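Caption: PDB structure containing LCL161.
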Amino acid sequence: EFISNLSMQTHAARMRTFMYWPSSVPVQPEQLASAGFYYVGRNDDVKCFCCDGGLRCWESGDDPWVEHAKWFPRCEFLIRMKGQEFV
Ligand SMILES: CN[C@@H](C)C(=O)N[C@H](C(=O)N1CCC[C@H]1c1nc(C(=O)c2ccc(F)cc2)cs1)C1CCCCC1
Ligand SMILES: [Zn+2]
(Lines of atoms letter the chains of each structure in order from A and count residues from 1; the text may use other names and numbers.)
(Lines give C-alpha, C1' and ligand atoms only; values in the text may rest on other atoms or scores of the structure.)
(Ligands and ions follow the chains in the order given, each with its own letter.)
Protein backbone atom coordinates (compact mmCIF):
# COMPACT_ATOMS: atom_id res chain seq x y z
CA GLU A 1 0.00 0.00 0.00
CA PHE A 2 2.61 2.53 1.13
CA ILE A 3 4.96 3.94 -1.53
CA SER A 4 8.51 4.65 -0.32
CA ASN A 5 9.42 7.28 -2.95
CA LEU A 6 6.38 9.16 -4.25
CA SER A 7 8.62 11.41 -6.36
CA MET A 8 9.63 8.32 -8.40
CA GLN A 9 6.06 7.09 -8.87
CA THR A 10 5.84 7.74 -12.63
CA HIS A 11 8.02 5.83 -15.08
CA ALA A 12 8.99 9.05 -16.88
CA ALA A 13 10.37 10.53 -13.66
CA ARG A 14 12.24 7.29 -12.97
CA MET A 15 13.61 7.18 -16.51
CA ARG A 16 14.93 10.72 -16.11
CA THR A 17 17.23 9.62 -13.27
CA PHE A 18 19.17 7.37 -15.68
CA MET A 19 20.62 10.41 -17.49
CA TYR A 20 24.10 9.47 -16.25
CA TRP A 21 23.58 5.71 -16.14
CA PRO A 22 26.93 4.12 -17.10
CA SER A 23 26.59 2.81 -20.64
CA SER A 24 28.99 -0.05 -19.83
CA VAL A 25 26.25 -1.58 -17.67
CA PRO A 26 24.50 -4.10 -19.96
CA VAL A 27 20.93 -3.46 -18.76
CA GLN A 28 18.75 -0.78 -20.31
CA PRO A 29 17.40 2.19 -18.31
CA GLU A 30 14.01 1.83 -19.99
CA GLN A 31 13.59 -1.69 -18.62
CA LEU A 32 14.91 -0.69 -15.20
CA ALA A 33 12.48 2.24 -14.97
CA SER A 34 9.55 0.21 -16.29
CA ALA A 35 10.21 -2.41 -13.57
CA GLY A 36 9.94 0.32 -10.90
CA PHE A 37 13.61 1.23 -10.48
CA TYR A 38 15.33 4.62 -10.47
CA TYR A 39 19.04 5.46 -10.41
CA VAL A 40 20.61 6.71 -7.18
CA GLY A 41 23.40 8.41 -9.16
CA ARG A 42 26.41 6.27 -8.20
CA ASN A 43 27.86 3.07 -9.76
CA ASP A 44 24.93 0.88 -10.95
CA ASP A 45 22.82 1.19 -7.77
CA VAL A 46 19.05 1.43 -8.28
CA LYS A 47 16.08 1.41 -5.90
CA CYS A 48 12.40 0.61 -6.36
CA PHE A 49 10.11 3.59 -5.78
CA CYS A 50 7.54 1.36 -4.08
CA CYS A 51 9.25 -1.25 -1.90
CA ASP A 52 12.58 0.68 -1.45
CA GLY A 53 14.56 -2.44 -2.41
CA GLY A 54 18.01 -1.87 -3.87
CA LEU A 55 19.82 -3.78 -6.61
CA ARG A 56 23.32 -3.48 -8.04
CA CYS A 57 25.86 -5.48 -10.07
CA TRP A 58 23.61 -5.84 -13.10
CA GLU A 59 24.64 -8.67 -15.41
CA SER A 60 24.16 -9.21 -19.12
CA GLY A 61 20.82 -10.93 -19.60
CA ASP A 62 19.35 -9.69 -16.30
CA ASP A 63 15.62 -9.07 -16.49
CA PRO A 64 14.72 -6.25 -14.04
CA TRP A 65 11.25 -7.75 -13.44
CA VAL A 66 12.74 -11.17 -12.64
CA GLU A 67 15.40 -9.63 -10.44
CA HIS A 68 12.76 -7.51 -8.68
CA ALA A 69 10.79 -10.69 -7.93
CA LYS A 70 13.79 -12.76 -6.86
CA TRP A 71 14.79 -10.31 -4.15
CA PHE A 72 11.64 -8.32 -3.23
CA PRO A 73 8.68 -10.65 -3.83
CA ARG A 74 6.27 -8.75 -1.52
CA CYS A 75 6.61 -5.42 -3.36
CA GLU A 76 3.04 -4.31 -4.02
CA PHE A 77 3.96 -2.54 -7.27
CA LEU A 78 5.59 -5.76 -8.50
CA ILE A 79 2.53 -7.85 -7.64
CA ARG A 80 0.15 -5.28 -9.15
CA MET A 81 1.97 -5.23 -12.51
CA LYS A 82 3.07 -8.85 -12.91
CA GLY A 83 0.59 -10.81 -10.72
CA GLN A 84 1.04 -13.10 -7.73
CA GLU A 85 1.80 -16.00 -10.11
CA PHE A 86 4.92 -14.21 -11.39
CA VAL A 87 6.04 -14.13 -7.74
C1 LIG B 1 22.81 -10.40 -10.74
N2 LIG B 1 21.62 -9.56 -10.78
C3 LIG B 1 21.67 -8.44 -9.83
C4 LIG B 1 20.56 -7.45 -10.13
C5 LIG B 1 21.58 -8.90 -8.38
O6 LIG B 1 20.87 -9.85 -8.07
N7 LIG B 1 22.31 -8.22 -7.49
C8 LIG B 1 22.31 -8.53 -6.08
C9 LIG B 1 21.75 -7.36 -5.28
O10 LIG B 1 21.83 -6.22 -5.72
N11 LIG B 1 21.16 -7.58 -4.09
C12 LIG B 1 20.79 -8.88 -3.54
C13 LIG B 1 19.63 -8.55 -2.65
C14 LIG B 1 19.96 -7.19 -2.09
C15 LIG B 1 20.75 -6.48 -3.20
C16 LIG B 1 21.90 -5.71 -2.63
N17 LIG B 1 21.76 -4.50 -2.19
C18 LIG B 1 23.00 -3.94 -1.97
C19 LIG B 1 23.17 -2.57 -1.68
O20 LIG B 1 23.94 -2.28 -0.77
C21 LIG B 1 22.50 -1.44 -2.39
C22 LIG B 1 22.24 -0.24 -1.72
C23 LIG B 1 21.61 0.81 -2.36
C24 LIG B 1 21.25 0.64 -3.67
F25 LIG B 1 20.63 1.67 -4.30
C26 LIG B 1 21.47 -0.51 -4.37
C27 LIG B 1 22.11 -1.56 -3.72
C28 LIG B 1 24.04 -4.81 -2.05
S29 LIG B 1 23.49 -6.36 -2.48
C30 LIG B 1 23.69 -9.01 -5.61
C31 LIG B 1 24.12 -10.28 -6.34
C32 LIG B 1 25.51 -10.75 -5.94
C33 LIG B 1 26.53 -9.65 -6.11
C34 LIG B 1 26.13 -8.40 -5.35
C35 LIG B 1 24.75 -7.93 -5.78
ZN1 LIG C 1 9.68 -2.98 -5.47
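We're numbering straight along the sequence, starting at 1. The analysis underlying the following values was restricted to heavy atoms, covering all of them including side chains, and did not include hydrogens, waters or symmetry mates. Indexing begins at 1, ligand by ligand and atom by atom, following the structure's order.
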**OP:** Provide the full list of ligands or chains belonging to LCL161.
**Re:** ligand 1
Original post:
Which chain contacts LCL161 (ligand 1) the most here, in the terms used by the PDB entry?
Top reply: Baculoviral IAP repeat-containing protein 2
**OP:** Name the residues that contact LCL161 (ligand 1) at heavy-atom distances below 4.0 Å.
**Re:** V40, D45, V46, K47, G54, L55, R56, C57, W58, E59, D62, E67, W71
Original post:
Looking at this entry, which organism is chain A from?
Top reply: Homo sapiens
**OP:** Specify the protein heavy atom at minimum distance from atom 34 (C) of LCL161 (ligand 1): its residue, its atom name, and the distance to 0.1 Å.
**Re:** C57 SG, 3.9 Å
**OP:** Pull out every atom of LCL161 (ligand 1) sitting under 4.0 Å from any heavy atom of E59, numbered as shown with elements.
**Re:** 1 (C)
Subject >> Numbered atoms and elements of LCL161 (ligand 1) in range of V40, under 4.0 angstrom, heavy atoms >> reply: 25 (F)
**OP:** For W58, take its heavy atoms, then give the atoms of LCL161 (ligand 1) lying under 4.0 Å from any of them.
**Re:** 4 (C)
Subject >> Geometric N/O contact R56 with LCL161 (ligand 1), under 3.5 angstrom >> reply: yes
Original post:
Is at least one protein non-hydrogen atom found at under 4.0 angstrom from atom 21 (C) of LCL161 (ligand 1)?
Top reply: yes
Original post:
Considering distance alone, does some N or O of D45 sit under 3.5 Å from an N or O of LCL161 (ligand 1)?
Top reply: no
Subject >> Those atoms of LCL161 (ligand 1) less than 4.0 Å from some heavy atom in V46 >> reply: 24 (C), 25 (F), 26 (C)
Subject >> Protein contact of atom 2 (N) of LCL161 (ligand 1) - nearest heavy atom, named by residue and atom, plus distance >> reply: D62 OD2, 2.8 Å
Original post:
Looking only at protein heavy atoms, which one is nearest to atom 17 (N) of LCL161 (ligand 1), and how far off is it?
Top reply: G54 O, 3.6 Å
Subject >> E67 N/O under 3.5 Å from LCL161 (ligand 1) N/O >> reply: yes
Original post:
Any protein heavy atom lying closer than 4.0 Å to atom 15 (C) of LCL161 (ligand 1)?
Top reply: yes
Original post:
Can you find an N or O of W71 that's nearer than 3.5 Å to an N or O of LCL161 (ligand 1)?
Top reply: yes
Subject >> Sub-4.0 Å atoms of LCL161 (ligand 1) with respect to non-hydrogen atoms of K47 >> reply: 23 (C), 25 (F)
Subject >> Closest protein heavy atom to atom 9 (C) of LCL161 (ligand 1), given as residue, atom name and distance to 0.1 Å >> reply: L55 CD2, 3.6 Å
